[PDB]
Amino acid sequence: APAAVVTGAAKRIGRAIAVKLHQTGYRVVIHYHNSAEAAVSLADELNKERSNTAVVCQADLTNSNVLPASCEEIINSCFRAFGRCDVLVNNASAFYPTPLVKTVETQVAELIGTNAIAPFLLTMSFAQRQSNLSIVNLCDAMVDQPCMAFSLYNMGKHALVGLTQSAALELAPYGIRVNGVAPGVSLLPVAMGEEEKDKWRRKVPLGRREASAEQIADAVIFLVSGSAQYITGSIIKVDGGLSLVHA
Amino acid sequence: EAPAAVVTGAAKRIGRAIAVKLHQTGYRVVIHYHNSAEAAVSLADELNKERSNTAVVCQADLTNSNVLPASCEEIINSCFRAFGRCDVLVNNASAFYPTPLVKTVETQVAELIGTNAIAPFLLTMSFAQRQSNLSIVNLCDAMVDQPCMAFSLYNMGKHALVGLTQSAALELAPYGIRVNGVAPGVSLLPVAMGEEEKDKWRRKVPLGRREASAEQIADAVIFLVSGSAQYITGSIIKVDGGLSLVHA
Amino acid sequence: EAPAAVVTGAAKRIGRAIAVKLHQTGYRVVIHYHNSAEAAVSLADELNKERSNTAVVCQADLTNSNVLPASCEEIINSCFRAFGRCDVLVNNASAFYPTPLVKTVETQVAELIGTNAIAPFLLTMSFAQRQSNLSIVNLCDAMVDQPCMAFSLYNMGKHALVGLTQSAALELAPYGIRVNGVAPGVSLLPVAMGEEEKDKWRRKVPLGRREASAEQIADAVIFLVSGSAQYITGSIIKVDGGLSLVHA
Amino acid sequence: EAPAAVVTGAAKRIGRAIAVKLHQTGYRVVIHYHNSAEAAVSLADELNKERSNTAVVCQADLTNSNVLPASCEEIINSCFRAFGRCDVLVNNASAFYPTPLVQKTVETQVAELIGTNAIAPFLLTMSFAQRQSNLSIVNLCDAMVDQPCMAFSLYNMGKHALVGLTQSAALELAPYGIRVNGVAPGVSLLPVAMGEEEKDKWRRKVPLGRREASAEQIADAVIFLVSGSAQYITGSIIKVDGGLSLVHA
Ligand SMILES: NC(=O)c1ccc[n+]([C@@H]2O[C@H](COP(=O)([O-])OP(=O)(O)OC[C@H]3O[C@@H](n4cnc5c(N)ncnc54)[C@H](OP(=O)(O)O)[C@@H]3O)[C@@H](O)[C@H]2O)c1
Ligand SMILES: NC(=O)c1ccc[n+]([C@@H]2O[C@H](COP(=O)([O-])OP(=O)(O)OC[C@H]3O[C@@H](n4cnc5c(N)ncnc54)[C@H](OP(=O)(O)O)[C@@H]3O)[C@@H](O)[C@H]2O)c1
Ligand SMILES: NC(=O)c1ccc[n+]([C@@H]2O[C@H](COP(=O)([O-])OP(=O)(O)OC[C@H]3O[C@@H](n4cnc5c(N)ncnc54)[C@H](OP(=O)(O)O)[C@@H]3O)[C@@H](O)[C@H]2O)c1
Ligand SMILES: NC(=O)c1ccc[n+]([C@@H]2O[C@H](COP(=O)([O-])OP(=O)(O)OC[C@H]3O[C@@H](n4cnc5c(N)ncnc54)[C@H](OP(=O)(O)O)[C@@H]3O)[C@@H](O)[C@H]2O)c1
Ligand SMILES: Nc1nc(N)nc(NC2CC2)n1
Ligand SMILES: Nc1nc(N)nc(NC2CC2)n1
Ligand SMILES: Nc1nc(N)nc(NC2CC2)n1
Ligand SMILES: Nc1nc(N)nc(NC2CC2)n1
Ligand code: NA
Ligand code: NA
């Protein structure tokens with residue numbers, strides 16, 4: 001059985017991706033930062049289905065002097081548990097506004113670390129340890145029509161597009177594919193107000209609703225599958241047409 | 001009962017692989033063709049041997065002309081006539097040849113722009129006008145921003161097809177019709193292409209230094225028409241082995 | 001001696017402003033028009049009052065048809081007959097109206113795809129064939145990836161024009177002919193559009209909550225044809241006040 | 001009074017060309033530099049001999065660190081100290097070197113490549129805006145970001161982030177009348193460290209003249225963007241690449 005690492009997998013979209021990978025037959029490493037209880041509850045659920053097929057792994061993915069070592073250890077955790085690491089899903093992400101007009105350098109470390117630098121370091125560590133091997137990066141369908149006052153977040157997501165492309169090119173000779181999935185509106189942020197959630201939903205052409213986490217996870221499953229073996233450097237929007245709607 | 005799909009230019013090559021994979025997934029298929037009558041009938045016979053009354057052929061020229069709207073309406077009609085429904089449209093048929101800036105040019109326009117862009121638009125119109133998982137898949141080109149030299153009309157047509165994909169995704173979303181694309185890089189090389197040229201293209205592809213099989217292209221089409229793509233509309237999936245990421 | 005430019009659809013609105021600014025920069029101009037003869041002639045008279053023998057008009061329908069290649073060749077020829085040279089081509093003329101998926105459709109195709117894409121292609125062919133700072137500027141649309149609802153053929157035509165811009169840039173670079181685009185967002189609105197509707201569009205624009213003047217669009221054209229742009233080819237400059245960056 | 005501009009990494013090469021062209025257009029200029037003190041001072045001396053008290057130098061490292069926000073604030077402050085205003089910011093400074101995925105610390109490479117190409121532009125943009133006619137920012141991008149050089153992931157990441165900043169900042173700063181645009185070279189001045197045969201390999205790829213862009217050609221697009229001829233243009237990135245990005249593998 002192949003094995004996958006999913007970052008930020010205790011809740012929401014990460015959780016659904018881990019669940020669907022496990023349902024497909026993968027053993028999974030459930031990475032978490034603060035959500036230890038949820039991470040272990042997910043592992044307990046998956047291990048009840050198939051013993052010793054899910055483990056948890058804690059790490060902060062904020063940029064720092066220790067982030068390279070932390071990312072090496074996440075990949076190492078998959079090898080320790082399962083003896084291989086076939087799939088990496090870069091899902092973990094900080095998301096909050098950073099107006100141009102926490103210290104700003106902490107915001108940099110968190111927003112650019114989680115969205116871009118940790119994915120890069122995890123990609124390095126994944127590759128260095130190297131079958132259907134692939135990486136899937138969780139992008140953002142709205143990167144070119146960004147939310148107001150979210151410059152660092154947007155920078156991080158653009159950087160992640162860059163990594164997707166650069167790593168697809170560089171890792172192709174190792175048979176490692178690198179792709180992305182770009183939600184528009186999926187599970188709305190827990191802190192967003194109801195009326196705000198509804199305003200976003202009403203903008204989506206395809207059903208005037210957000211994507212379920214499972215719909216996002218379906219695109220991840222496709223990209224890691226045998227049915228995507230010639231696909232690398234591609235980013236699949238799963239956005240219900242939202243990015244096509246003008247102001 | 002079983003859903004039904006129209007695949008244009010389905011007698012050979014990628015369209016044939018798409019038709020076969022849709023049929024294997026459970027669809028009844030309209031095999032559109034232009035000149036390749038014997039291949040189209042042979043494919044229909046193959047599919048009907050597997051499940052009777054699940055494949056028919058439909059002949060049409062998709063060159064632009066004043067009768068092209070009627071021709072595209074008749075392809076969609078032919079699906080309803082055979083199967084009583086039309087769930088999926090795959091716009092695959094395509095003319096591809098150079099048109100240097102420096103057949104008459106009017107014919108070149110009609111063929112390249114008609115097959116790659118206008119016929120998809122008219123088929124899209126007719127599909128939409130006539131009707132649980134409805135979708136359209138347009139065969140695009142991953143290299144449209146790094147185009148082949150002296151292929152301006154072809155490239156224009158494929159860019160127009162991106163525009164149609166996006167515009168139709170937006171407009172047809174309220175009807176539950178998703179509209180997406182699949183963009184090959186190099187897949188089955190042109191029959192006309194010489195061996196050395198084919199080898200030069202193959203050697204450019206990062207992932208495996210080989211072209212895509214027809215089946216690999218069809219796999220992306222199958223995903224986009226499936227239940228696993230129900231929130232996906234207006235997306236174009238490159239299936240190019242990284243080719244478009246390679247600088248000059 | 002003075003360079004010469006062809007501007008399509010130059011009688012009114014953005015094309016007129018472009019022709020004026022090119023003339024102010026020192027170009028002789030061919031004012032192409034279709035229906036707006038009186039305005040074309042008035043512009044020519046104004047320009048020739050400023051400097052005699054510097055402006056001529058040229059009538060043609062740019063709808064797609066069997067005669068469009070000849071018509072386009074004639075427009076280019078008119079610049080050579082008048083001025084002895086043709087240094088700049090500005091593809092500005094454009095039909096724009098909705099074509100819902102759900103006039104006959106073949107005429108809509110001819111008009112929308114002809115004016116926005118096929119006539120630019122044929123004009124580009126004829127320009128190149130007759131061939132220093134030579135360049136072509138195509139009037140694109142900054143909103144082509146977030147298009148107006150029910151404008152599929154228009155959007156297809158503008159996408160095709162992006163592809164032409166790219167393809168022609170690549171192919172014509174060895175002749176030193178640069179090919180670029182200018183992409184307005186909201187510029188001149190219909191005069192007859194109610195101000196309340198105009199204001200809905202204006203309020204969308206981040207930079208000043210107003211539409212671009214024709215002259216602001218023309219400024220970008222002037223840059224691209226200038227000596228300050230001699231390494232720029234295949235580039236499309238948005239002149240949109242940030243509109244294309246604004247989400248739904 | 002004459003307007004004032006800050007050009008990062010302006011001692012040499014493209015940045016100097018931009019500073020020179022802005023100065024010739026009537027701007028007073030802050031010549032930011034990191035290690036090239038001699039070159040920076042030489043340029044300032046030359047510009048002040050054309051017009052007295054119209055150029056100053058400003059030294060800063062633009063590597064990311066917890067003091068980078070203060071350093072960026074101080075570059076903008078230096079423009080106001082010398083000239084009383086700051087109308088234009090050109091984010092030109094850039095680290096550029098490979099970072100292979102498979103095998104000087106990686107954290108240093110992150111701090112340099114992401115800091116110079118993205119974070120310092122962001123912080124300078126914040127400081128520029130907080131301190132405020134024809135105000136604008138021009139970011140030096142890269143026309144090849146979607147067809148990147150092999151083994152340059154962190155550089156490419158940085159330049160993609162800079163695209164994101166250009167767009168985000170154009171949106172957010174539009175109500176302040178600050179336009180934010182980019183200029184994206186393909187091949188311009190080749191690296192000093194490259195041999196002529198390798199330079200020629202790159203030159204031969206360029207459809208328009210089989211040559212790199214001069215520094216002045218890049219600067220010409222910057223000057224257009226800061227000019228009155230670009231007053232409705234924001235969020236736009238102009239490729240100045242001779243068609244290079246249109247050429248397939
Ligand atoms: N939801 C949407 O509509 C949407 C739209 C566009 C893009 N996306 C992208 O899709 C992905 C999943 O979205 P989501 O909404 O499910 O994400 P989310 O709930 O915002 O974040 C996912 C997880 O990231 C982890 N994380 C955050 N900061 C971290 C840090 N410093 N170190 C390590 N891990 C950290 C958290 O793990 P712990 O809980 O364990 O601390 C969190 O549960 C993200 O990449 C997001 O950007 C989502
Ligand atoms: N192969 C590749 O590497 C590649 C690369 C990029 C994109 N694509 C796209 O993928 C699709 C499939 O590629 P392919 O190589 O399999 O295509 P293809 O063999 O060039 O053409 C497919 C079929 O199009 C039909 N067709 C051509 N002109 C027509 C006309 N005037 N009216 C009606 N039908 C017409 C032909 O049908 P008859 O034989 O019955 O006459 C032909 O067999 C095309 O859209 C192509 O542009 C392919
Ligand atoms: N206005 C905007 O906000 C906006 C936004 C985005 C892009 N653009 C682009 O900018 C350019 C100029 O826009 P505009 O608003 O000034 O254009 P416009 O007023 O819609 O049209 C310009 C001219 O095109 C000519 N034209 C139309 N159909 C033709 C045909 N069949 N044959 C020949 N010529 C034909 C007409 O010439 P006659 O009057 O002589 O018949 C007309 O005056 C266009 O390419 C447009 O798509 C404009
Ligand atoms: N040259 C090309 O072909 C090309 C192609 C694509 C994009 N571009 C972009 O165009 C811009 C100019 O290119 P270029 O070739 O002229 O650049 P460059 O010579 O590589 O670098 C410009 C300057 O950046 C400064 N810099 C580097 N690291 C720094 C740091 N840690 N802190 C502060 N400043 C630092 C250096 O200043 P000091 O010398 O004072 O240390 C250097 O002179 C860059 O943004 C580049 O990415 C250029
Ligand atoms: N990390 C990230 N990124 C986006 N775009 N949206 C969200 N959504 C909610 C914070 C949970 N999360
Ligand atoms: N229609 C089309 N389009 C492309 N890109 N390639 C091909 N390949 C060869 C004519 C079969 N055909
Ligand atoms: N995008 C576009 N294209 C043309 N040809 N004309 C127009 N006219 C504007 C609605 C007045 N807009
Ligand atoms: N900063 C930067 N960025 C690019 N692309 N090219 C260059 N040339 C560098 C001096 C070698 N520098
Ligand atoms: Na830790
Ligand atoms: Na008239």
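Order of the sequence lines fixes the chain letters, A, B, ..., with proteins taken first and strands second; residue numbering starts at 1 for each chain. Counting starts at 1 for both ligands and their atoms, in listed order.
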Please provide the name that the PDB entry uses for the chief contact partner of ligand 5. pteridine reductase
What drug shows up at ligand 5? cyromazine
Which chains, by letter, have non-hydrogen atoms under 4.0 Å from some atom of cyromazine (ligand 5)? A
What residues, by chain and number, sit within 4.0 Å of cyromazine (ligand 5) when only non-hydrogen atoms are counted? A:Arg12, A:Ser93, A:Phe95, A:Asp140, A:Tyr153, A:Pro189
Subset of cyromazine (ligand 5) atoms that lie under 4.0 Å from at least one heavy atom of A:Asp140: 5 (N)
So what's the source organism for chain A in this PDB entry? Trypanosoma brucei brucei
For atom 12 (N) of cyromazine (ligand 5), which protein heavy atom lies nearest, and how many Å away is it? A:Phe95 CB, 3.7 Å
Of the protein's non-hydrogen atoms, which lies at the shortest distance from atom 10 (C) of cyromazine (ligand 5), and what is that distance? A:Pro189 CB, 3.8 Å
Which heavy atom of the protein is the closest neighbour of atom 8 (N) of cyromazine (ligand 5), given with residue, atom name and distance? A:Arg12 NH2, 3.4 Å
For atom 4 (C) of cyromazine (ligand 5), what is the nearest protein heavy atom, given as residue, atom name and distance? A:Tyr153 OH, 3.4 Å
Less than 3.5 Å apart, N/O on cyromazine (ligand 5) and N/O on the protein: could you list those pairs with the distances?
unit_1, atom_1, unit_2, atom_2, d
cyromazine (ligand 5), 1 (N), A:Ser93, O, 3.2
cyromazine (ligand 5), 1 (N), A:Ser93, OG, 2.8
cyromazine (ligand 5), 3 (N), A:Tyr153, OH, 3.4
cyromazine (ligand 5), 5 (N), A:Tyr153, OH, 2.7
cyromazine (ligand 5), 8 (N), A:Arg12, NH2, 3.4

